[PDB]
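Entry below: contains L-captopril.
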Amino acid sequence: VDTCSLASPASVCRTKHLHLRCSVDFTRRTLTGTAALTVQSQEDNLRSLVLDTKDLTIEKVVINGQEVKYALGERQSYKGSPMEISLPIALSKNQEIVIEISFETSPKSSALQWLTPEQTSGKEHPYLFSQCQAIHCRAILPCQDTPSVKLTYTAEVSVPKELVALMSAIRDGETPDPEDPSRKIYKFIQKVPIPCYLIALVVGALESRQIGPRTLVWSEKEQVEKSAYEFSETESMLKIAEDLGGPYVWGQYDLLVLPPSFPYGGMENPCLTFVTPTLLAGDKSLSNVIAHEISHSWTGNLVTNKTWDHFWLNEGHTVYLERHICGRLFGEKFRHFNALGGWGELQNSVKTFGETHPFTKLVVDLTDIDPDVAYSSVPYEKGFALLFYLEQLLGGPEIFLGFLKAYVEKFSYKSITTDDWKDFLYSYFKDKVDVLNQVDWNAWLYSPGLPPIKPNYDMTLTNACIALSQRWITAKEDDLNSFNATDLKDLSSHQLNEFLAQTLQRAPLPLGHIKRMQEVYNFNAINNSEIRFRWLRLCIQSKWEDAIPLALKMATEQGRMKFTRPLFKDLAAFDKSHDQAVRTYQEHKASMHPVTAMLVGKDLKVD
Ligand SMILES: C[C@H](CS)C(=O)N1CCC[C@H]1C(=O)O
Ligand SMILES: [Yb+3]
Ligand SMILES: [Yb+3]
Ligand SMILES: [Yb+3]
Ligand SMILES: [Yb+3]
Ligand SMILES: [Yb+3]
Ligand SMILES: [Zn+2]
């Protein structure tokens, strides 16, 4: 049961292909065009079917050259409106037909953000980008909006000629629009079957630079050079990921650096990963987000969650490969460092949600829950924690890596549940069932709170972080003079980050300690977004008013939800900044990403 979709389920019928012809109207902020769905019946005598839509205007539905009848049901809030279509002939099992739907999106589409020129880098051209995961594809085009169905797709997209269109597919040529010489048509082909959440579109003043044999980076002109250097490890990480997961099947692996309002670190669109510009630290230090996006080329994009209830499958395996890529690159001690970090993140979200909250369960029941509201680090880190525990139980990384690659090969091109995964684990490790039977499955998969067991972590790189954070916590006023810029000389950027994460977990500290920290370590100068984030949270939670313009500025100048949401919540929890926080949210709202706007609104209780 896909409880997030209102469409006919895969048991009734399945989309096999989408042919999208559309046009991006910046003046109206709509996409207008036709989606031709090739639909296969999975039942005898099939006479109608249902698709998901959200805020779509339907002009007509044509099958076999004639218009047919359809109806739109009433709005079911965030699930949108079900669209029922009457087929002009009854279909037998496995018969196919092509349904061509003429449609137009709302300017308020939850899939889309429309940017004026002044909201971009170059200031001369507007920009558009999509984010379909989880259930926003329906807010672009009628479809069975469920990751239980995989289709191939072709598209032709008409844009103003001075702009560039890209999708989650291979570029298949461009020509002038023959109906409007002020527009170009860009063509695309996705030959590998994908869930519709993986359909993506960007349109903007984009340039490309090549950075490895099957990778171009794309961004506006002003970001190209910085991005090319920042993501230069991409091919070596692709090679390591092929070694762990088997052949990369997607042809190209290009990267697109989005504007600052992009809501996530990354989105694994096939052929074209989207990333936040907040990765551009200048030293490649945030490149684990590229390792993660690459790993999704296997776990998520080849083997996919059957419904969003089983999202941990996508994210937990991807974090598990991500941390192996970083470990082959930087050493096993560093993999442990990141894993132990991941645990503290899990501790953080459990504490923020409460230890009985349903959203701290690994497998979540999303009946009547908007997946955007349920989204957190839990499936990433509780999922990773489960895999890391099994790895240790089952005889170490080399052994558990053979399972990962077999699992990927078993379920390639399929959509699967937690039970499918577990069955295969039991079958793969048949000779270790007795070990597998010591696992508290009910607790790990279905209980809220921290898992019932904590893995074993090497401490080598973490100890210096803990040691410095503990010095600061236990320091009294007469001890502040002992801290010095030399305390940091042997810490990597990752260790500075993790010193601040440890210290943040015991926030607030006295305001005098925080001011000293700034005096001796000058964290205010650091532009690494992860480090800056945690330091500003430390400052605001410790009630340093000087930090208020700095936190508001970071919260609004980018819109990665990982940063924007905790900053606004911290700023709203501080009496001194409460009113500016609400006011700035309100003045920025209209020009925020729509999912980000909604979430920060809920977080702040505004509207
Ligand atoms: C690296 C992943 C890609 S699925 C991501 O963007 N995350 C993971 C949880 C937070 C959020 C973020 O970094 O903004
Ligand atoms: Yb029949
Ligand atoms: Yb007509
Ligand atoms: Yb071609
Ligand atoms: Yb079994
Ligand atoms: Yb003392
Ligand atoms: Zn991911």
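By the PDB entry numbering, chain A shows 4-610, in order. Atoms within a ligand are numbered from 1 in the order they appear, just like the ligands themselves.
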Place of L-captopril in the structure, all copies: ligand 1
Partner of L-captopril with greatest heavy-atom contacts, name from UniProt: Leukotriene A-4 hydrolase
Site of L-captopril: non-hydrogen cut-off 4.0 Å: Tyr267, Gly268, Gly269, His295, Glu296, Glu318, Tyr378, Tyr383, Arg563, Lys565
Ligand-side contact atoms (L-captopril) for residue partner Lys565, heavy atom cut-off under 4.0 Å: 13 (O), 14 (O)
Atom 10 (C) of L-captopril [closest protein heavy-atom partner, distance rounded to 0.1 Å]: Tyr378 OH, 3.6 Å
Atoms of L-captopril, numbered as shown, that sit under 4.0 Å from any heavy atom of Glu318: 4 (S)
UniProt Zn(2+)-binding residues of chain A with a heavy atom under 4.0 Å from L-captopril: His295, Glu318
Heavy-atom proximity to L-captopril under 4.0 Å: UniProt peptide-binding residues of chain A: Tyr267, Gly268, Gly269, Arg563, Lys565
Identity and distance of the protein heavy atom lying nearest atom 12 (C) of L-captopril: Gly268 N, 3.4 Å
Closest protein heavy atom to atom 1 (C) of L-captopril, given as residue, atom name and distance to 0.1 Å: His295 CD2, 3.8 Å
Heavy-atom nearest neighbour in the protein, as seen from atom 4 (S) of L-captopril, with distance rounded to 0.1 Å: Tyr383 OH, 3.1 Å
Under 4.0 Å to a heavy atom of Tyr267 - the qualifying atoms of L-captopril, by number: 6 (O), 14 (O)
Polar contact flag for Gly269 and L-captopril (N/O pairs, less than 3.5 Å): yes
Closest protein heavy atom (residue, atom, distance) for atom 13 (O) of L-captopril: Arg563 NH2, 2.8 Å
Shortest protein heavy-atom distance from atom 3 (C) of L-captopril, along with the residue and atom involved: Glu296 OE2, 3.0 Å
Other ligands/ions under 4.0 Å from L-captopril, by number and name: ligand 7 (zinc ion)
